[PDB]
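Let me begin by presenting the structure, written as structure tokens, before commenting on it.
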Amino acid sequence: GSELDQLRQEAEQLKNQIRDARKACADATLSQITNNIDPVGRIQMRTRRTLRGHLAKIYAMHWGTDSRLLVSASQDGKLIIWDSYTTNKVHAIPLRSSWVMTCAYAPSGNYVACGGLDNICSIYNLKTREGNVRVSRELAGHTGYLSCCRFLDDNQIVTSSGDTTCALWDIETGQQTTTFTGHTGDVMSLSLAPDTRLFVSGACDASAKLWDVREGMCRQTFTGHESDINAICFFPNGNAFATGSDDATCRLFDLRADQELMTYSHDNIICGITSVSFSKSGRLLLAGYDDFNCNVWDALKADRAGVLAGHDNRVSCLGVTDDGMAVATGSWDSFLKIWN
Amino acid sequence: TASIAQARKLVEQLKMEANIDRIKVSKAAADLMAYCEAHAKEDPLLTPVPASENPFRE
Amino acid sequence: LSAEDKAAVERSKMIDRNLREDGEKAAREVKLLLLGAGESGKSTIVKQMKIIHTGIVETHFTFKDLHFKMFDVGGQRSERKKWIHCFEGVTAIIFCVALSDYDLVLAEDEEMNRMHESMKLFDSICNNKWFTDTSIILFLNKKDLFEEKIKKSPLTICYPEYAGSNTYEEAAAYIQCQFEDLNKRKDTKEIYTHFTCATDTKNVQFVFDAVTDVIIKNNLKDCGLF
Amino acid sequence: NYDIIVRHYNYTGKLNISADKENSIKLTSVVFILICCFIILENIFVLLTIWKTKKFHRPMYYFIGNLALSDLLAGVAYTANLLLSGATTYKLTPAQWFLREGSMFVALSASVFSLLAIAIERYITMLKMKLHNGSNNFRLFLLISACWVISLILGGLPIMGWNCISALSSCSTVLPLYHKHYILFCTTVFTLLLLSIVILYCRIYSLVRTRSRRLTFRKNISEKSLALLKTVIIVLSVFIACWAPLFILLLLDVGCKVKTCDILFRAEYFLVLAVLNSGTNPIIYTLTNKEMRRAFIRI
Ligand SMILES: Cc1cc(-c2nc3cnc(Oc4cccc(Cl)c4)nc3o2)cc(C)c1OCC(=O)O
């Protein structure tokens, strides 16, 4: 009655004034500000390593904090930990349930985090006296399938599940320390910050929201998309972030002001983004696609500057190493490739 | 009634978010491109790397 | 070739050997997905004296020489579109439909007579882009209740176009042809039909026959002799 | 040298004292070179079609490519032999005369061995059922090498032994300077290969029928067996019905004596019929399969 109609009319005026404030502060575009700078030349990249040994599709990959070791996760039920510079393997951890979609490497190189469609999470330990791998925790309590999970510290982890929620957990306690809710679809990916302390996430309700890690409530919301958000990445500076989608329109947003800056798109692409990663300068914005190749795009000019077509099936995971000397791509054809 | 609580917490979120400050997109992009230009000297991805400094080389 | 490099190569060789050894035993197990509505009797089939071993609840059983593996994906309330591409190499998709629910109103939503939304679900799962060469083996649920109810209840409420008699045979055949007429891919995939029987041996033998027919067809297509 | 060749041809009677001008003026030659050019065309389109698609990489496709390459070599061998047939009773050394026939025999044996290898591989794959179908490269390499080596050895054997250059009584009439024992060995090999192929295909069909009909007794509302039978009868009918004439001609040659049978001077038609059969393999081996014709329609 009066309560409900007053409440949503007040929400209407609040939304209108928020949109007015968003429009007022926008005076130009990144293209206008950077209309005088040399375009990046044609980028040539060649495969240097052809890591093989998986017998199913590849769904995730995460670089270590040393640029020496990788992690994969196939549907065969394996969590091979590769070792670059040699192509040899160092671990062949077998999973319990062969339904995995996430990976995580600890920043100190001690533990590995895994989790898929079985509604639980696992933390395997590497540095042990036995010289093997043993499950130390089996964090459970979610309702939907886990979409992503990235380490926050050596004793703190954060996860996002398909029941419109995220959870900041606590290892060695097995308790959901913090809960984040508000989404209406399902959180498909999230990214951390260079200094942590904040994290952004995206769902299938055509939205992208930022969350603090202490008080536990959404700060702002960034709409604009017309499709699902199944990929996200954070700028190294910490004041902007990219966003993929299933309709091949990469977006670049701003934390300081909720604005639309870039609209990365073309006319010969009708597929969907799968992964997005930045570089130290934040100039070469890599991206994945369903049309069997990865197209690296310049961020400032918002135009194509190279194609990494070397795969057979859809690319599913993509990653830039920490210091930066190569990138890793993994598709459904059971092949990991190292471009440089 | 769950709907009234949903609406009231939604409007509380909206009004508490409305108090955030806003910045000029032009100067934000200026700092963005300044950082991009500054932290690009080595950048072994876009800058060509010598063969002797290429670990991923046989 | 130093000592540590040789040790690393030996470790990699052992890891690869073990992985290849373990990857062959998993290539001889037939995977069968299971689907069905809420009150579609998915609990009784997995309890029907055959299964030995939230989210996925994988079940293992063995018949003759084949080692089957059944995934009961029923605990998920999220969108089926974002995780259905994982099940792409499945050999078959068992489907259960409740025959004794042609008149009861669907829960929490009026109408659809507990069968119309079942036909929409079957249409959505059959005419998919990932399932183009997978059988749609279909089990028809409780029939004793169906035959005792149809003897004294009207059928035209769910299908107001049927002028036939109220006998068991004609009604069952009409339901079978209605469910079998939604297969748009008439040349690639085939749908089998079976009325649920109390005996476990009948159902298990039907599943075995269907999967061995699928294996024969797959081998014929692989050899190029099809 | 030249005297031996002319003496052998005079003894056989094929010299005919050829006094025709250098011009070919033969309609048979032109129609046959157009036919073999068509064969080469079909083979080269098959080779490009199988090469372009990345999906076509299974060992079945490798055997098909082997057969296509063998047919391509056979067509070139036939056209080379035909273009040089005019100056056969003069202007030729025994070495080149033997080389022509050796190349011809290698080209006409490689295709038969490729068909045998394809049948063996199909029987092996169909004998045991697997959920995921694959093959070890060892067996593929072994077969694809052994067929070529045995064909080359069979072709190159006459160049040194069984050359009939000394004996004037054991030389055949269709092909002078050839001992009949080599012809008998070749025809025994051919009939053994035919028997093996027929037995293998019959066993495949019988296994499929027995496994399908008896084991499965589901409800009712067998096309696989009918399609398999149709394919088997088509391939066997083509193969025997268009390799029989050369078999019969070789048997008639080894049976008749010199200056006894006045029919053998017609081998060109039987040879071109055999080459036509070898050429029309891709039609059968791509028309039956749905996917190959779909890809061809796409291309
Ligand atoms: C030039 C020429 C060649 C041939 C000829 N080429 C053959 C190749 N193979 C076989 O037997 C096979 C064939 C295939 C597989 C096996 Cl296992 C044995 N018979 C052949 O006959 C015949 C005549 C009349 C010729 O013309 C006479 C001239 O030179 O003037």
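Going down the sequence lines, the chains are called A, B, C, and so on. By the numbers in the PDB entry, the shown part of chain A spans 1-340. Just so it is clear, chain B uses the PDB entry numbers, and the residues here are 6-63, in order. Residues 5-57, 182-354, in that order, are what chain C shows, numbered as in the PDB entry. To match the PDB entry, the residue numbers of chain D are left as they are there, and the shown ones run 21-241, 248-325. Excluded from the calculations below are hydrogen atoms, water molecules and symmetry mates; all remaining heavy atoms, backbone and side chain alike, are included. Atoms within a ligand are numbered from 1 in the order they appear, just like the ligands themselves.
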So what drug did they put at ligand 1?
SAR247799
Main partner chain, SAR247799 (ligand 1), name from UniProt
Sphingosine 1-phosphate receptor 1
Mind listing the other chains that have a non-hydrogen atom under 4.0 Å from SAR247799 (ligand 1)?
D
Help me out: UniProt transmembrane segments of chain D, from the N terminus, that have a heavy atom less than 4.0 Å from SAR247799 (ligand 1), which are they?
2, 3, 7
Per UniProt, some residues of chain D bind sphing-4-enine 1-phosphate; which of these have a heavy atom under 4.0 Å from SAR247799 (ligand 1)?
D:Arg120, D:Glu121
If the model gives a covalent tether from SAR247799 (ligand 1) to a chain, what residue and atom sit at the other end?
none
Could you walk me through which residues contact SAR247799 (ligand 1), taking a 4.0 Å heavy-atom cut-off?
D:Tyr29, D:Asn101, D:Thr108, D:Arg120, D:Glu121, D:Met124, D:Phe125, D:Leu128, D:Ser129, D:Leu195, D:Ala293, D:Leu297
